[PDB]
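Figure: hydrocortisone in its bound pose on Alpha-1-antichymotrypsin.
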Amino acid sequence: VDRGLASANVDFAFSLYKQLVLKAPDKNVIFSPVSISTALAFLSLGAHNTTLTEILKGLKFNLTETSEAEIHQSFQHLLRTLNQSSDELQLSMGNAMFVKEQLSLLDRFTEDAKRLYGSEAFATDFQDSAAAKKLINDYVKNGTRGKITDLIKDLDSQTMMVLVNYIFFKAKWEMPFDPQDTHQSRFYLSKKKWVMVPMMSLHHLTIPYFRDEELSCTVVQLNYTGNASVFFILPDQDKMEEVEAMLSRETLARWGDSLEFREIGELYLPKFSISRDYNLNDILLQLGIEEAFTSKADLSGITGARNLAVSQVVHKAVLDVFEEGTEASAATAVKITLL
Amino acid sequence: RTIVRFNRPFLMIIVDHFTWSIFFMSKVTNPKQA
Ligand SMILES: C[C@]12CCC(=O)C=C1CC[C@@H]1[C@@H]2[C@@H](O)C[C@@]2(C)[C@H]1CC[C@]2(O)C(=O)CO
């Protein structure tokens, strides 16, 4: 909710986006930045020394202007705000830790996990890896209302802990599309290749709009009932990579401050569902988060000893856009082994 | 009459007005991609 959390989380969002596109330049992208930020902030609760500093810096916090204690308090406040009751849109974010029964945890860690991140600690038998995998996937499935089913694909039988974050989002358009106006139409993959998609349309709409001539793109903001909205950015043909390289907190703020209401004759938007699964290890390493994965890992804030290390951070996200609204869900898991 | 036609790759950024959180960020290069 506070300006320095939002500024770090947005910087992180666009840094992550840019690395995902570099890794897979021909693919759809869908992810939840705030899920990944919250999962890694949760991880940092247990980190010390260079392990900690790398995570907090990787999350784009300015440590000369903030502290780890202020950071965790900020995430506590965010989770409380996001999970408020609403009669307008459905939004939920949960955190959990799944821990080998016999692993000894600092009382301060378990208490802070519950107090700051809302996380329970589920005793989990990772040597029965299929059952542990199902329990974690079931927790995510429950939290995402069935939208994310296979967050955990493989679980090492020697896993000690898994930290999990999920986000569930379901919202109605303030101005919904009429399905009688949805028609099969071309979606151009390139100048000369297209696919046929259901193209929804709205007519005689007045919405915030900005033509960014310098970046060769058009920006519109569509609204959901409730506190959420969505920026749609439409680069001109073959200008996507130019717009992507300009993505930043500064550009998003400029776009938001440049929108003007404009009567739109017709707006055409595909009806679509897309999903992506990620192994974030190489991305996080590019962002400087390195020691947590190594034999020099310092997670002694979890146990009291330097005996734990991150093996893998995974993320899965799904996005459904249709005439009545949008449904989107994602989840992030941090798998941790003995060291 | 202005026309806004999302019939080529586009970005979607789902934002919260309260917290300024980015809930979801997306690039649709192919709505039918495997
Ligand atoms: C980049 C920005 C300001 C600097 C910052 O720390 C992070 C954000 C992210 C979300 C942005 C925000 C502002 O620009 C105002 C925005 C666009 C908001 C999303 C919705 C918003 O509130 C509006 O659209 C204003 O109506």
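By convention here, the chains are lettered A, B, ... following the listed order of sequence lines. Numbering, chain A: per the PDB entry, residues 22-360 in sequence. Sequence positions for chain B are given in the PDB entry numbering; the residues included correspond to 367-400, in order. As a basis for the values below, the full set of heavy atoms in this structure was taken, side chains included, without hydrogen atoms, waters or symmetry mates. We count ligands from 1, going down the list as the structure has it; atoms in each ligand are counted the same way.
- Other chains, heavy atom under 4.0 Å from hydrocortisone: A, B.
- In terms of protein heavy-atom proximity, atom 2 (C) of hydrocortisone is closest to B:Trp386 CE3, 4.0 Å.
- Shortest contact from atom 17 (C) of hydrocortisone to any protein heavy atom: A:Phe252 CZ, 3.4 Å.
- Near A:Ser28, with a cut-off below 4.0 Å to any heavy atom, the atoms of hydrocortisone are 6 (O).
- Of all the heavy atoms of A:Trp276, none lies under 4.0 Å from any atom of hydrocortisone, so neither backbone nor side chain is involved.
- Residue, atom and distance of the protein heavy atom nearest to atom 26 (O) of hydrocortisone are B:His383 CE1, 3.9 Å.
- Of all protein heavy atoms, the one closest to atom 24 (O) of hydrocortisone is A:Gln242 NE2, 3.1 Å.
- Of all the atoms in hydrocortisone, the ones that sit under 4.0 Å from a non-hydrogen atom of B:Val381 are 19 (C), 20 (C).
- The PDB entry names chain A Alpha-1-antichymotrypsin.
- Per the PDB, the organism of origin for chain B is Homo sapiens.
- Among protein heavy atoms, the minimum distance from atom 7 (C) of hydrocortisone is reached at A:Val31 CG2, 3.4 Å.
- If you check each of A:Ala274, A:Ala29, A:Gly277, A:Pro229 against atom 14 (O) of hydrocortisone, the one with the closest non-hydrogen atom is A:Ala274.
- Residues in other chains coming within 4.0 Å of hydrocortisone by heavy atoms are A:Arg24, A:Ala27, A:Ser28, A:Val31, A:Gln242, A:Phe252, A:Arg270, A:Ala274, B:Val381, B:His383, B:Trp386.
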